[PDB]
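Below is D(2) dopamine receptor with risperidone bound.
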Amino acid sequence: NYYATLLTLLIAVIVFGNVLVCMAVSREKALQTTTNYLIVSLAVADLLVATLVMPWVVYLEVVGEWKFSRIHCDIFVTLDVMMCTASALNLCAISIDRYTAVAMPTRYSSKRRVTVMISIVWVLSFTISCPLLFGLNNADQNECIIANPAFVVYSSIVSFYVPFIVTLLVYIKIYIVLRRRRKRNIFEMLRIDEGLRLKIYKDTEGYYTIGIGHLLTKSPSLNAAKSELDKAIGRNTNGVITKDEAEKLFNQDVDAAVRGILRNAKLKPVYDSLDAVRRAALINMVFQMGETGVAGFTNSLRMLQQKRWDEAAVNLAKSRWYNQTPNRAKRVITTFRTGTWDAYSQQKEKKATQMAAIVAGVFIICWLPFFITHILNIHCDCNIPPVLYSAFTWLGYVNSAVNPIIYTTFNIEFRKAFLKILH
Ligand SMILES: Cc1nc2n(c(=O)c1CCN1CCC(c3noc4cc(F)ccc34)CC1)CCCC2
Ligand SMILES: CCCCCCCC/C=C\CCCCCCCC(=O)O
């Protein structure tokens with residue numbers, strides 16, 4: 001047949017791509033991390049799908065019927081559920097290892113942590129699929145387990161929806177931490193450049209300000225400038241505030257600065273194109289020069305928009321801004337060029353955390369239409385086009401071959417590693 005050939009071709013792609021993932025991590029220094037060890041554990045889960053499950057699936061297409069015995073069927077379904085649950089439980093362990101790398105501060109303590117995580121993945125996958133060999137410990141005596149009306153509920157909830165929610169809660173907790181970091185990094189970036197003042201003072205235009213460039217009022221009365229300060233800090237500040245109280249005010253000024261940047265037709269385009277780190281450098285400039293002045297760097301802003309980080313740095317050093325405050329300018333131009341916090345303190349893990357979430361998302365993209373279909377079989381009893389049911393099942397098995405394709409795109413170390421193995 002034609003569809004059986006494609007399935008066998010898929011088996012080759014699954015094996016070819018995932019054998020690469022194993023050898024690459026096994027032989028490349030910069031690829032020998034905790035996450036990458038859980039990645040090869042993920043590659044083994046997919047390697048076993050190609051070898052212990054797909055032969056049953058390609059057989060299932062040539063024959064056109066489930067012409068196994070009842071024990072062969074139970075074995076196949078048990079292995080199919082297990083090797084796919086290991087993929088889900090591996091993506092869960094990957095997120096958790098991604099949480100500890102971001103949220104927590106050893107070459108020996110970490111390796112022991114990976115060994116425990118991997119063992120839990122495969123022992124749990126076994127214990128979850130082991131009931132399927134024995135009638136799901138339910139009432140289905142003389143029939144295969146996939147004929148059990150409770151199999152769909154079991155493998156959906158236990159093997160998929162519960163790993164789905166837990167992993168989703170971890171990544172949400174991960175995003176929240178990274179967003180607190182960006183709000184903290186920008187505060188430090190400007191208390192180094194602009195300066196943190198805890199008592200009321202006058203800016204260069206005569207207005208009473210406090211914190212990091214926060215005009216209390218444009219009124220000349222000092223007593224009135226204190227009224228607006230206490231109405232915003234909540235307490236009788238008496239002129240002095242905490243560095244924490246000033247950090248709350250700074251975040252308000254930053255958010256306000258973004259509402260205007262996006263409402264500025266000359267700054268909104270480049271602002272979208274910018275990485276989050278380079279986006280803080282643009283906020284630094286509007287904090288110093290205002291949105292009016294930054295919009296005058298048209299030749300430079302287009303180069304940031306065109307990813308020309310080299311030239312955008314060379315042009316910005318030819319401005320009257322670089323000549324007026326050169327120390328701060330060189331620090332911000334460095335941030336526009338490198339895209340990190342080297343000038344001020346940059347986490348090198350974010351790139352790996354973004355790839356881990358992309359793999360988890362592609363996973364959900366591939367299997368969710370399959371489990372959405374199950375919900376429809378139960379809801380309306382409408383018999384679904386078997387070509388569609390067969391498609392969403394194959395799409396889920398296809399997921400076993402997409403992960404190595406993602407490592408070549410989003411990871412320079414994985415991409416250059418594979419090309420060295422093929423040469
Ligand atoms: C062979 C077959 N053939 C057909 N259909 C089938 O459902 C099947 C079986 C499909 N297996 C897909 C993976 C499932 C699974 N279990 O646990 C998991 C955990 C995960 F994270 C992700 C997936 C799973 C268990 C069922 C439907 C009718 C068309 C022909
Ligand atoms: C021993 C070194 C580890 C240091 C970081 C801690 C690692 C994770 C610690 C505890 C994991 C919590 C147990 C997870 C329970 C989830 C069960 C569930 O929600 O269904």
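Quick note: residue numbers are just sequence positions, from 1. Computed from heavy atoms alone, side chains included, the values below leave out hydrogens, waters and symmetry copies. Numbering of ligands and ligand atoms starts at 1, following listing order.
One finds risperidone in this structure at ligand 1.
In UniProt's N-terminal ordering, chain A has a heavy atom under 4.0 Å from risperidone in these transmembrane segments: 3, 5, 6, 7. Covalent bond for risperidone in this entry: none.
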